[PDB]
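Quick look at a structure containing methazolamide.
A, B, C, ... go to the sequence lines in the order they are written. All residue numbers given for chain A refer to the PDB entry; the residues shown span 21-62, 66-163, 167-247 in order. In order, the residues displayed for chain B correspond to 21-165, 168-247 in the PDB entry numbering, which applies throughout. Just so you know, these numbers use all the heavy atoms, side chains as well, and skip hydrogens, waters and symmetry mates. Both counts, for ligands and for their atoms, begin at 1 and track the order of listing.
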Amino acid sequence: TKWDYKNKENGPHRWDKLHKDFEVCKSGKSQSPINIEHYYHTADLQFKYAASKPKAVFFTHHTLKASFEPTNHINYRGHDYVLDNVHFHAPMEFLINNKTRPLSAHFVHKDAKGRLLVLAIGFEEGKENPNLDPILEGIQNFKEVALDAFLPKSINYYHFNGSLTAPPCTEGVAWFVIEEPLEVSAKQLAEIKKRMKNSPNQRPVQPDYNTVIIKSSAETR
Amino acid sequence: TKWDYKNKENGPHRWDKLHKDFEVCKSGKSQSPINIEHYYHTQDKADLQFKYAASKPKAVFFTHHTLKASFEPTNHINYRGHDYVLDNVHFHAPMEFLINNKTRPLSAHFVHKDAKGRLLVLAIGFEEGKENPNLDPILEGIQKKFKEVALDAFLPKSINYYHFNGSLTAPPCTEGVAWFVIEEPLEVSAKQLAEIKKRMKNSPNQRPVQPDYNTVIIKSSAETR
Ligand SMILES: CC(=O)/N=c1\sc(S(N)(=O)=O)nn1C
Ligand SMILES: CC(=O)/N=c1\sc(S(N)(=O)=O)nn1C
Ligand SMILES: [Cl-]
Ligand SMILES: [Cl-]
Ligand SMILES: [Zn+2]
Ligand SMILES: [Zn+2]
């Protein structure tokens, strides 16, 4: 109950100091997030999403989280990665070619061997997107969340190996950062940021050791 | 208390236990070597230009289960406007990385460091066959206390290689290593093969394949000279 985003002691630059489990926050060579600037052009990525009702929806450790039953899958290279939860970071943590959007959502998965697959996608200030509403009315039954409709059908993405953007900053993370921004309204932006206590929950860009990145594309649905 | 590839306490399964400097040997998520089966095909935007010449080793000696030739900082690799000087060339038998589950009887690692200590290792396998003329200058320098190494002739002109980030394959298992594994195997004679294993004291110095956390690998090819 110690680490936060405050620019003083419990801030990110000192996370390794708060606890030894966070030592990799400093010592690891694949820490996330980063600015995606150098990559290689070149699917094998299957979504198994459905509109799903959350096991629970809650704000925890400074983000808004919807936890889920092991019913929604992503298959990657012939291995099934179960979605655990989707949570939000504001502003966006990852950067693409020096570009920033004010919000992202992370879709967290784990396979048979316990390996992590996380998805980062942006929101763009503009028209109100309906997908947000089933979770924002879930403080208490829980209404179904439209997962198979959340992401674009056609996606361009960046894939690389990184770490968690939050303590313990565990590595072995397969990142897929989606290029296409989703849309978010200005009223929704401020409203949900208030559940982010209008206090940023975004880890700074980590040092980049020539991460190998592929740019590819896929169809989600 | 020193690390080995032997069956008991100082083996690879236990390197982490030998020294705390070696903790990442087990706990790291980007540990080498691995079995290369999944990769991405790509184009040649690859900024990898060799700056190699024939060079006489500062020394050729046995250290840590391998045969090593260290060099004057005269031989280089350039990668995206980032130049890596060759530190040494050393050997593994059998080859430590696997290319589609295929095993080579031997490999060579071209170990580089930039100014700030960033690591680039270059790996190529060897296949039993014709007398390799480049090898014996090394086999002719180890009992002395050194002849030019035809580095300018050592690697193939046209290479297919795999690129990714991994670790050193021996303790301290340092991560953040830019690996370039070249697909085309070089050629070695049966006695060149036999003899050097004895200079590597006939005790295999091959770290087992490590857990792979979906390492992102690209396949491309290039011209060295
Ligand atoms: C359960 C879960 O998803 N935990 C997470 S996710 C995460 S992140 N924001 O994807 O890098 N950091 N932590 C602690
Ligand atoms: C000086 C030097 O090259 N040391 C090395 S190289 C190496 S390797 N087998 O290339 O990953 N492991 N260690 C300890
Ligand atoms: Cl992000
Ligand atoms: Cl190897
Ligand atoms: Zn997240
Ligand atoms: Zn080696």
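All copies of methazolamide taken together correspond to ligands 1 and 2. Most-contacted chain for methazolamide (ligand 1) in this structure, per the PDB entry: Alpha-carbonic anhydrase.
Lab note - other chains with heavy atoms under 4.0 Å from methazolamide (ligand 1): A. Looking at A/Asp107 against methazolamide (ligand 1), only its side chain comes within 4.0 Å, counting heavy atoms. Looking at A/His110, A/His112, A/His132 and measuring to atom 6 (S) of methazolamide (ligand 1), the nearest heavy atom belongs to A/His110. Close approach to A/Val131 involves these atoms of methazolamide (ligand 1), each under 4.0 Å from a residue heavy atom: 3 (O). Taking atom 12 (N) of methazolamide (ligand 1) as the reference point, the nearest protein heavy-atom neighbour is A/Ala192 CB, 3.4 Å.
Counting only heavy atoms of the protein, atom 8 (S) of methazolamide (ligand 1) lies nearest to A/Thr191 OG1, 3.5 Å. Checked by distance only, methazolamide (ligand 1) and A/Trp201 stay at 3.5 Å or farther apart across all their nitrogen or oxygen atoms. When heavy-atom distances to methazolamide (ligand 1) are checked against a 4.0 Å cut-off, A/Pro193 comes that close only through its backbone atoms N, CA, C and O. The search for other ligands and ions under 4.0 Å from methazolamide (ligand 1) returns ligand 5 (zinc ion). Residue contacts with methazolamide (ligand 1) for A/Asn108 involve side-chain atoms from C-beta outward but no N, CA, C or O (heavy atoms, distance under 4.0 Å).
Per-atom contact check: atom 4 (N) of methazolamide (ligand 1) does not touch the protein, criterion being a heavy-atom distance below 4.0 Å. Taking every heavy atom of A/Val141 and a limit of under 4.0 angstrom, the matching atoms of methazolamide (ligand 1) come to 10 (O). Every atom of methazolamide (ligand 1) with a heavy atom of A/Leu190 under 4.0 Å away is listed here by number and element: 11 (O). Under a 4.0 Å non-hydrogen cut-off, the residues that form the binding site of methazolamide (ligand 1) are A/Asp107, A/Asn108, A/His110, A/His112, A/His129, A/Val131, A/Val141, A/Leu190, A/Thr191, A/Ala192, A/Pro193.
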